[PDB]
Asks: 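Here is a structure with carbachol.
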Amino acid sequence: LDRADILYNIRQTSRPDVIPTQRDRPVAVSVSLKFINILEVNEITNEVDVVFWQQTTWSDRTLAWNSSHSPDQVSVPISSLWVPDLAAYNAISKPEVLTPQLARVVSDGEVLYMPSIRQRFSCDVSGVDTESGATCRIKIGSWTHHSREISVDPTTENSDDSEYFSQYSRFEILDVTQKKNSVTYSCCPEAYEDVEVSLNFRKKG
Amino acid sequence: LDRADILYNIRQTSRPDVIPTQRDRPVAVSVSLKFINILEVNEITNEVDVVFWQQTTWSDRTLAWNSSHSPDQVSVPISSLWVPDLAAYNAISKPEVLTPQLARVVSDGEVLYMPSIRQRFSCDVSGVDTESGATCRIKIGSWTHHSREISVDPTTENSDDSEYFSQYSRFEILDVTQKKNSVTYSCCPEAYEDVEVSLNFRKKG
Amino acid sequence: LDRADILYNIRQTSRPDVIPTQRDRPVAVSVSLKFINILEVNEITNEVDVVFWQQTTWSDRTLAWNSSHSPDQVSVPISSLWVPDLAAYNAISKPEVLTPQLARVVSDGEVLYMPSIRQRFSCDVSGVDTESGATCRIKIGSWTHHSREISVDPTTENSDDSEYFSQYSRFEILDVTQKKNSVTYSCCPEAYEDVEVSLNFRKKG
Amino acid sequence: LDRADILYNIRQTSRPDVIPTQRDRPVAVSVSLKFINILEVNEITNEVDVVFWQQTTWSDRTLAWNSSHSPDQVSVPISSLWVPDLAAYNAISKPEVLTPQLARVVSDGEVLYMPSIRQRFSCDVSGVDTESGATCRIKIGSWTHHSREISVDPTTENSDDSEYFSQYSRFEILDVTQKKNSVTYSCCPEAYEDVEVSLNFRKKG
Amino acid sequence: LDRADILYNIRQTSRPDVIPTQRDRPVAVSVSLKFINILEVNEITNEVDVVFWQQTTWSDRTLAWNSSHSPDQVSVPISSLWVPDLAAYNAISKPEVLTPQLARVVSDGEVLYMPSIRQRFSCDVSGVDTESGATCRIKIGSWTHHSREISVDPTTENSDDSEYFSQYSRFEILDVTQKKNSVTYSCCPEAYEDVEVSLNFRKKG
Ligand SMILES: C[N+](C)(C)CCOC(N)=O
Ligand SMILES: C[N+](C)(C)CCOC(N)=O
């Protein structure tokens, strides 16, 4: 099957509005932030302006194709795919997507989406000018799907936290840790899941 | 009836331009603001910049499905649903919607849309640096549907008004009260309902 | 008919690109600005930043329905209606529409569209800090339809000037007067009609 | 034909992607800027912020209709028409179109599109505070069509320079001249044409 | 064939979603930045604000037509073509496209798309006020297509750098060099090609 046929099939049958739930599994969404830049920081207002790649991964079996004499992967506009409705709860501006809105789809149905996002957050900026640094916590989860529908997990972070970080930022990254929680809010009786990203950073000497 | 079928049926037959009035009866729309952040304040200009979740709830029986062996709920893009034309009257900027534009639809036809919104308002900022604090009143109602078509239910869950307010804001919340008004404006003959949200807050100190 | 049928018929047959000229006569469009706020003023640059409701009224007989056993009125997305191409001539920013883009349509074909608009203007700000106040003149008319196609007249000097004006603005309204001009510019061969809105205001003391 | 029929026909058959070339002849596009305002000036950065009407005129014979017992002219959304791909070469912001995006089409096929545009430019601001004034040159031409396809031309100019200029601007207009260039650049060995608009202006006493 | 026919065929059959891969070989995309302006510079934050023409060239054989008695070239909206998903890696704002979104298509299938872009970057601004100048490096490559699907090379180095640059900028260009890189990052198993553009510039003085 060629690239054109795969993308035709996906465009014609994909249901961007349908969570690709399988029987009674939640859709396992993995989330991992790779920080590229820290552009503006305010210790007084506890506000931070930040650029990061939001590595998002999940499975959608309906996109799958037989890769016998066919490409293993294609790039697909996200408007033709179901995409998890992730939001950053402590964000104070809408995500400015810097990169083309294309996801990578593998023949088995895996979807890799990695937009570069600039976004401002309300978090702990105290101690940014210290050796210990500030620890800014960014919380990301599904806005409308609870835990029986979307689970979110971090990945494993044994590649350099500064691997893609800008050497020319005023700031440097001491540490990045990722944990998950199941929270129960007063609007709704079900538990919603999130990945908490801890950005320990500081102003350069 | 699986998720895909329900969302197909809703997309195909939902009449998003059509207020889901039942008989002579107004659509009962409940509104409740949960404040997340207070980002900028100006006592001189009486302007406030604020992030809140606008918890909006109503009934549309045309969305309903038999939930016998089916999901109790689905998430649906708001473009495929009728949504109340709520507006904040004392808003001085258009609502910046920070979250995915998806509503939660229950099998009996109840709809929860809970966007996170950043928006600026013109309101009483006097006494923001006092113990008593400022009391900033935000008025929300239907822009074109009068009281025989849309009623607003101003009920508040009695939890911390700071359940999800940012501990890192320069400001803190003393109190949040909600009341309902019914107002005859000179433009038109009929009364329009609103919810008045009183945000009593102050600078930390 | 019911609300759904009326809205279907309007959506299916309304011709948004078509001025609802009746016989050989101009469409009589009435325009009236109700000022809500004055947010920023600069006496040096003669610039003003202002929030107002643009009460716009006109007739479109093609939208009419028999209201015998039917609703007198419905709310309709403006994208499904012809709307006069009004522009504020001395505007220096595009109109930021703050409210839902719905117009109210009466069974006889009468339309009311009354968006809340934030917009900046170039006008006389001199004397803003005086007792006499500044007098800022805003001109509004059709951008492409001349007087044999669109007439604009003001509405009703009844409603108080400060009727909806924010008590929390730094400024107060002394007087609002509205007047129809008819003008033959040198570019074009026909008369264009406008409404001139004179906002006499000042800084509070 | 009535107005509705003419606009239906245009909408149904207009080919917005298709330059209305006749023969091997270029489409004669005339361009003329009428300055309304000069809002911000910086002599240090050589940047200017300006509001002007960009009067654009051209012929599209495919739009023509028999005007025997029919209107001479209609207003048409520019999305239903081919429009020349004009760009200001020395622009440093995208054109902010302030007015409704409607062109005027005459029964013989002439199309008059006069949007009001706010846009910033990089040009010579030196001597703005002098008697002689600054002379800011704005260059406008087709971005992708060369001279055998689009010929850009300056219109007639009995028209007064400050005919429509704001009396309330900090600045005044001494002179506005328009001339035509035909540059063959180093990449591409086909000629590209522009209209150069020279805005001689200064700060008021 | 005439212009209308060519554009119809392209619109009807172009597969904008489909990389025009020929055999298992990569689409050879050439990229070359021509700097028009440098608008704002910050040596403290290492941020730059820049206007450039992003000359992008590539082949799509599916767009080809027989040019025997037909035009050699047409202009085509990019929404009707596949376009490489290029992104500037060190950008900190989304590309503000200043120009009309049209690409030039040649009868053999060559495509030249050359938008003018304003964009901000994070790069080395140190020494901007020196004789040596600052050297700001901008990296551009495909965001989702690796090196077996997209190659990127600079266009050939006979052309010029200052030829299009604004004489009125506060800054001047000393040198522009373009080199190509192929780089495997730890996030992803495949190599991604980029073009690195080195902008050596300085403040006039
Ligand atoms: C509280 N929250 C944001 C996690 C879930 C809100 O529920 C919706 N939107 O249906
Ligand atoms: C006064 N107000 C805004 C509540 C209602 C305006 O009515 C409309 N838009 O038809």
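Throughout, protein chains are lettered first and strands after them, A, B, ... in sequence-line order, and every chain is numbered starting at 1. As the structure lists them, so they are numbered: ligands from 1, and atoms in each ligand from 1. The header says X-ray crystallography, 2.5 Å.
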Asks: Help me out: which ligand numbers or chain letters belong to carbachol?
Replies: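 The answer, copies included, is ligands 1 and 2.
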Asks: In this entry, what is the main binding partner of carbachol (ligand 2), named as in the PDB entry?
Replies: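 The largest contact count goes to acetylcholine-binding protein.
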Asks: What are the letters of the other chains with a heavy atom below 4.0 Å from carbachol (ligand 2)?
Replies: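 Within the heavy-atom cut-off of 4.0 Å: B, C.
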Asks: Okay, what organism does the entry have down for chain B?
Replies: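 The PDB gives the source of chain B as Lymnaea stagnalis.
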Asks: For B/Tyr192, take its heavy atoms, then give the atoms of carbachol (ligand 2) lying under 4.0 Å from any of them.
Replies: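 Once the distances to B/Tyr192 are compared, the set is 4 (C), 5 (C), 7 (O).
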Asks: Looking at residues of chain B within contact distance of carbachol (ligand 2), which UniProt domain do most of them fall in?
Replies: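 By UniProt annotation, Ig-like.
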Asks: I'd like to know what other ligands and ions lie under 4.0 Å from carbachol (ligand 2), if any.
Replies: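 Result: none.
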Asks: Under 4.0 Å from a heavy atom of B/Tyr89: which atoms of carbachol (ligand 2) are those, numbered in the order shown and with their elements?
Replies: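 Those atoms are 4 (C).
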Asks: Please report which non-hydrogen protein atom sits nearest to atom 2 (N) of carbachol (ligand 2), along with the residue it belongs to and the distance in Å to one decimal place.
Replies: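 Here the closest protein heavy atom is B/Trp143 O, 3.9 Å.
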Asks: Relative to the heavy atoms of B/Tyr185, which atoms of carbachol (ligand 2) are at a distance of less than 4.0 Å?
Replies: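 In order of numbering, the contacting atoms are 1 (C), 4 (C).
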Asks: Just which atoms of carbachol (ligand 2) are under 4.0 Å from any heavy atom in C/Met114?
Replies: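 Every atom of carbachol (ligand 2) under 4.0 Å from some heavy atom of C/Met114: 1 (C), 6 (C).
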Asks: Looking at C/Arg104, which atoms of carbachol (ligand 2) are within less than 4.0 Å of one of its heavy atoms?
Replies: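 Near C/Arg104, meaning under 4.0 Å from one of its heavy atoms, carbachol (ligand 2) has 10 (O).
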Asks: Which neighbouring residues and nucleotides define the binding site of carbachol (ligand 2) at 4.0 Å (non-hydrogen atoms)?
Replies: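 Counting heavy atoms, the site comprises B/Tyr89, B/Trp143, B/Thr144, B/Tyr185, B/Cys187, B/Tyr192, C/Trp53, C/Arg104, C/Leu112, C/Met114.
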